[PDB]
A.B. asks: 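Okay, handing you the structure first.
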Amino acid sequence: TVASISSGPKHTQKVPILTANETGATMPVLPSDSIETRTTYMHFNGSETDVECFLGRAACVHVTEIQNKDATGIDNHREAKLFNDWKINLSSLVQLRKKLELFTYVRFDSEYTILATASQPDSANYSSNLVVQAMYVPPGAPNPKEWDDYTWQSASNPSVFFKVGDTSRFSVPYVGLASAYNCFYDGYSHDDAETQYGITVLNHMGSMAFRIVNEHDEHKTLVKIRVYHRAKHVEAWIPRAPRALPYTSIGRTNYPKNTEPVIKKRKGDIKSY
Amino acid sequence: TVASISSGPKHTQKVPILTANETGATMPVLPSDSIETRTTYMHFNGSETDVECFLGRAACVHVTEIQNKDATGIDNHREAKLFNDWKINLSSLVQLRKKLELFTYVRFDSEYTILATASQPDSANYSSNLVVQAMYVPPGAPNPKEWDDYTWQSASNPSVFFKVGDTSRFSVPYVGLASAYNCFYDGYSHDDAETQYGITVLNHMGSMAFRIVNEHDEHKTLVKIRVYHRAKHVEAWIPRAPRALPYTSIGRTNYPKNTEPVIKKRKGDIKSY
Amino acid sequence: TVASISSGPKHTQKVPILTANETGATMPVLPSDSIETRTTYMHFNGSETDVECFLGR
Amino acid sequence: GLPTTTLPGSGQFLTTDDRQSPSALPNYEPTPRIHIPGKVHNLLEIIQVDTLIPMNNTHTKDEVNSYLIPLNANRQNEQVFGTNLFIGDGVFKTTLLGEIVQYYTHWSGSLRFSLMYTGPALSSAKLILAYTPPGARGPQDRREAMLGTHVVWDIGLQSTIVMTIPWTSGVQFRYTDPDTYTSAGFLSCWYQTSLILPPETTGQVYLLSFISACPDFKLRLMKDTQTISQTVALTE
Amino acid sequence: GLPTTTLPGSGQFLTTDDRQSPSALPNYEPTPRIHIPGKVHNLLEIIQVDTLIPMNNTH
Amino acid sequence: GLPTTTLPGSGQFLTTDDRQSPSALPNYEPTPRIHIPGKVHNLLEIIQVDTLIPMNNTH
Amino acid sequence: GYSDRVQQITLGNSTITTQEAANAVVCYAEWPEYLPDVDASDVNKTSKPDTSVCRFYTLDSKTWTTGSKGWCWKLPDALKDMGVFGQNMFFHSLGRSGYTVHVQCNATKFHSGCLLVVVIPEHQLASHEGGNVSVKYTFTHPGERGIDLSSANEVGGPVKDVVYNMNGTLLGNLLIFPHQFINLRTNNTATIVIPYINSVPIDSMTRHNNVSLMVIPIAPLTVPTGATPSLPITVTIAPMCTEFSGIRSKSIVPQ
Amino acid sequence: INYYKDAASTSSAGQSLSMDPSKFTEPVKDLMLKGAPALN
Amino acid sequence: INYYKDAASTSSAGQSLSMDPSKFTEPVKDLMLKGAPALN
Amino acid sequence: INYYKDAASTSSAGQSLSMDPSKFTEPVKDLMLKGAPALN
Ligand SMILES: Cc1cc(CCCCCOc2c(Cl)cc(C3=NCCO3)cc2Cl)on1
Ligand SMILES: Cc1cc(CCCCCOc2c(Cl)cc(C3=NCCO3)cc2Cl)on1
């Protein structure tokens with residue numbers, strides 16, 4: 001492939017460099033339309049800018065935490081982090097968010113990796129070996145109330161059991177309702193006068209729930225869960241302007257008030273170098 | 001495959017929507033018999049509603065517990081949970097039970113996964129590493145009396161040895177006496193006037209027995225066993241009405257007295273939306 | 001493989017059920033030598049009684 | 001010795017994975033299968049059989065009576081019953097259809113709603129059933145109702161009428177647990193002319209109503225049902 | 001039983017590796033794709049559209 | 001190095017499984033078999049020989 | 001001029017005519033047939049009394065009144081005493097059978113009411129006590145009398161609550177079982193042909209009933225003005241393709 | 001590839017792709033045609 | 001070699017090697033030739 | 001596939017499928033036919 005062809009002096013009536021940008025086109029002008037060039041080859045394919053590659057590496061999408069401790073006398077397991085949940089969403093963390101929001105609709109399978117590490121902030125004789133249980137409560141499913149409920153039975157709910165310190169991994173098809181995931185949605189659930197606005201109304205795919213299978217030892221053990229997400233088989237439509245201001249909420253476009261100028265002011269003139 | 005064909009106005013003597021339900025049939029009426037439709041395709045196969053898929057994921061069927069402790073002076077190992085047993089049955093937990101009872105007779109191979117985690121509720125210097133031994137005492141076999149009996153020799157009894165925190169897995173053919181497992185049985189063992197009633201008399205396939213191989217350390221260690229069961233190679237006959245009331249017993253159909261209305265009462269009229 | 005063949009009434013001079021055990025043999029008598037039977041198949045091979053299986057765990 | 005590397009996920013137990021395992025009972029021979037009528041292969045086979053809907057939900061303890069929709073002689077213009085179409089909740093919820101839908105997260109497809117009339121043979125009636133697609137309110141009078149999917153039913157020799165709720169939707173799947181964006185409409189029924197009883201006859205007559213799914217139907221993404229739970233393991 | 005040896009790196013999680021995984025939802029059927037104008041395949045496709053430069057940065 | 005994943009059950013010992021193992025005595029030559037009357041192949045062969053029943057159990 | 005409506009069933013030495021039928025149901029779309037060899041296990045030749053057992057027995061009549069809750073019969077129990085069918089039953093170790101069930105209820109064009117006639121394979125009943133109380137033998141072997149769902153709880157008997165099918169499932173879903181309605185305005189009989197359904201090729205006829213036939217009023221009976229407020233319901237049932245095997249001494253069963 | 005000798009040890013079965021609701025939805029003895037009168 | 005049955009479980013996709021910026025860079029209704037005048 | 005060199009290291013043997021009880025059930029010198037008299 002040639003990156004530049006050889007081109008010499010020109011004295012024409014045919015001027016490729018004068019255009020009318022009002023038309024909305026970006027005319028494909030090249031170095032050889034306005035200087036004299038020599039042949040050179042590309043030596044490159046643009047492999048690593050493919051959208052599959054761009055969205056295809058694992059990104060941290062969520063960090064939660066649960067603890068193993070005596071539940072005796074706990075009136076609210078959920079509240080004691082005897083077990084937590086993550087109401088599946090990819091808008092939490094902004095690193096992967098900005099990347100995704102470069103497009104309007106996106107379609108992909110997900111591969112999740114879940115790393116779990118334990119901490120024992122206060123005096124323990126040892127490090128126990130705990131087994132985590134991650135179960136996906138599809139919307140319209142009995143939500144775990146306790147840490148050893150009947151829900152954890154998950155007889156129809158896909159669940160994975162792995163050891164703390166270890167990692168769990170699996171992949172999920174694209175479980176979108178539509179033909180693709182809406183990165184943006186300028187509409188509402190229904191024609192109400194108070195109903196929410198955005199995608200937060202469209203992206204209601206239940207939540208994930210973690211818990212430690214093991215009973216309690218004499219000390220307490222903090223287990224912190226990190227969920228990583230990798231898109232595989234990516235398809236993206238309609239590019240948009242990149243995010244400039246900071247994010248404030250999962251699912252709304254809102255930016256913070258009295259934010260700071262995002263364009264760097266010159267130290268000098270327009271004329272400055 | 002078409003999900004709907006195109007159909008237009010009708011003014012006939014041939015009315016597919018008038019039927020006689022007294023006959024016991026559900027006549028196969030479609031949208032296109034009563035409105036004007038356009039062609040649309042199915043795009044779907046009904047893969048995930050196959051009975052193999054429906055009964056084919058692991059469900060928790062049993063949680064038991066045994067402990068490792070000094071048996072010195074224990075007059076009844078079984079009673080000290082020096083070792084326990086599970087009198088194999090799939091009616092214990094109701095999550096997988098309701099699913100199975102959607103059919104009358106069911107035939108399948110079983111794949112068991114056994115997760116074992118340890119707990120040390122009171123002061124230990126460390127976490128020991130225990131090895132569990134799960135042996136299936138077929139009915140008419142010497143039942144373990146102690147925790148280091150001659151029975152544990154299991155020279156003809158299939159047994160598996162795995163580490164606590166780890167998982168054990170294997171699969172078993174369908175060991176039913178008949179051509180299929182009876183989900184229901186409206187009969188008795190014999191023509192007696194006091195003999196039990198149900199399947200609890202039909203499903204007598206012995207019990208499973210767990211124990212910790214390791215001797216006792218200075219502290220005590222609680223090991224809690226969870227048995228998961230996955231049906232593979234499923235065959236199901238005669239669908240029945242789903243279970244509406246709560247369950248009270250393994251193997252009988254009995255529901256609790258002064259149960260609550262299972263049909264949600266309207267907040268409003270018959271006419272209400 | 002048939003487990004039992006069909007067999008009907010008998011009024012013979014040929015009695016397979018009378019033997020002399022003093023000989024040391026176990027004569028291969030079947031249900032169909034003394035009652036009327038219907039055909040049935042074995043559906044079974046005797047796999048799990050092979051000595052390799054019996055001593056092999 | 002062949003060199004290997006283990007990946008993330010090694011040793012995990014995923015209740016939904018499907019792999020081979022050693023048989024604990026090597027060489028065992030299962031009982032022969034004999035023939036049994038009734039084999040089921042897909043849950044899609046059974047949700048096409050219709051079952052009764054406790055439409056008359058207005059009672060206070062479960063009773064045979066909540067299956068009966070009453071009809072009054074001589075009323076004109078008025079409304080017989082109304083319900084939204086959240087097949088995973090409300091009237092639908094205990095029906096076989098409702099009961100299976102609840103094992104899945106998403107559904108799509110047409111529904112078949114039929115009414116069988118049980119009044120004396122010498123009576124007569126004309127009813128209108130109307131399906132209102134998502135976007136409008138439950139109709140408030142027949143005029144409103146008759147502008148959407150509807151069937152004038154003439155009660156005759158042929159005892160049942162089968163109304164289809166054709167799949168009307170932007171999004172190709174709806175959630176089985178009630179959700180707004182994903183909502184499916186309303187179903188109402190009104191007198192078209194009115195029920196008329198013969199002489200020597202009196203009182204209320206009832207309609208029985210059934211629901212089953214058209215062959216159109218799709219259910220996906222299995223999950224656990226809110227319809228069953230427990231607090232301690234059961235014993236014998 | 002086939003003899004194996006595990007190499008350095010076993011058990012690591014590299015966010016950039018690309019391998020197979022079990023599907024949590026065996027047999028599930030995704031929604032059909034419909035046509036949508038605008039598909040992007042390479043970031044190289046979009047950086048050829050011109051956009052305005054805040055050249056007058058002096059504010 | 002070929003990528004692998006280990007499944008649930010790894011490391012378990014099931015007394016009924018049937019796999020290959022290294023021989024501790026590589027290259028050893030067993031004694032030749034000679035003929036011996038009486039070989040049994042199936043327990044089904046022997047349960048067809050009749051034996052006496054202590055029917056008069058009353059002692 | 002054949003209508004779905006008129007029918008004749010002749011079986012043995014007995015015939016039934018209905019002039020107001022609503023087709024007939026054949027459970028699971030299969031018609032009763034004898035036991036094939038490929039499915040056989042017991043080596044005994046079986047006995048097929050044919051026409052002496054495969055005829056129509058009419059059980060004693062019931063009375064539908066405005067307060068009726070429904071009735072339940074078990075098979076082969078209901079026939080335990082009918083002619084030679086019953087003798088064969090007590091005298092062989094094993095037996096097998098399919099049936100034609102014909103439920104009859106006629107009224108006039110001024111009555112209203114609708115019965116559900118359903119056959120439930122393996123209908124294991126529940127104890128009204130809850131817990132794991134069993135249902136004694138006698139209680140699940142009512143004989144030709146059947147069980148009257150509007151009778152009182154008894155001790156050791158089953159629960160008789162209709163909206164729960166006597167087992168923890170809702171009346172509304174019984175429609176998944178082969179069934180037919182009798183709607184006075186349409187119908188006057190219900191006919192169901194039952195093939196033999198079991199997990200074994202042949203079984204005991206006394207320790208296990210393999211179907212319960214259930215007749216349940218759903219739309220209450222409403223008679224014309226100053227009519228007597230009740231109608232009789234009659235059940236006639238015929239064993240079909242019956243086979244008995246393992247003859248001997250004659251079973252003795254509780255009570 | 002099966003690594004094991006017994007059939008019980010193989011993975012899940014593969015979709016019936018059988019599907020025939022008529023034993024449940026139309027178990028009537030005389031065939032009913034949609035469009036023709038239910039009761040003649 | 002796929003070891004798994006479902007398509008979601010396969011590794012990353014492979015390069016589009018599609019690449020056609022004209023839907024974005026030249027969505028004009030009447031075709032513009034470089035070198036010819038923009039507005040005639 | 002055997003991974004090992006020695007025969008002892010291979011898995012269990014496979015069913016004789018030999019089966020001949022006559023060495024045990026009928027070791028008589030002169031052949032006895034069922035149905036013919038035992039002692040002539
Ligand atoms: C846009 C966009 C895309 C997504 C991803 C939605 C996630 C779908 C559900 O994914 C899971 C499934 Cl199918 C299973 C499990 C799981 N099974 C066993 C343990 O976890 C977890 C998740 Cl997040 O969210 N917003
Ligand atoms: C219905 C129905 C089906 C079942 C399942 C019965 C289980 C049969 C026996 O299964 C086992 C076998 Cl064959 C072996 C082992 C075992 N071998 C080594 C460790 O455990 C465990 C079980 Cl549950 O119960 N009710």
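Lettering follows sequence order; numbering is per chain, from 1. Excerpt of entry shown; contacts counted in excerpt. Quick note: numbers below take in every heavy atom, side chains included, and nothing from hydrogens, waters or symmetry partners. Both ligands and their constituent atoms are indexed starting at 1 by order of listing.
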A.B. asks: Tell me the drug found at ligand 1.
C.D. replies: WIN 54954
A.B. asks: List the chief contact partner of WIN 54954 (ligand 1) in this entry, with the name from UniProt.
C.D. replies: Capsid protein VP1
A.B. asks: Could you give me the letters of the other chains with a heavy atom under 4.0 Å from WIN 54954 (ligand 1)? Thanks!
C.D. replies: A, E
A.B. asks: Okay, next thing: residues with a heavy atom within 4.0 Å of WIN 54954 (ligand 1) - which are they?
C.D. replies: A:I88, A:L90, A:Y112, A:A134, A:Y136, A:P158, A:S159, A:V160, A:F170, A:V172, A:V175, A:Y181, A:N203, A:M205, A:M208, E:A24, E:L25
A.B. asks: According to the entry, what is the source organism of chain A?
C.D. replies: Human rhinovirus 14
A.B. asks: For chain E, what name does the PDB entry give?
C.D. replies: human rhinovirus 14 coat protein (subunit VP3)
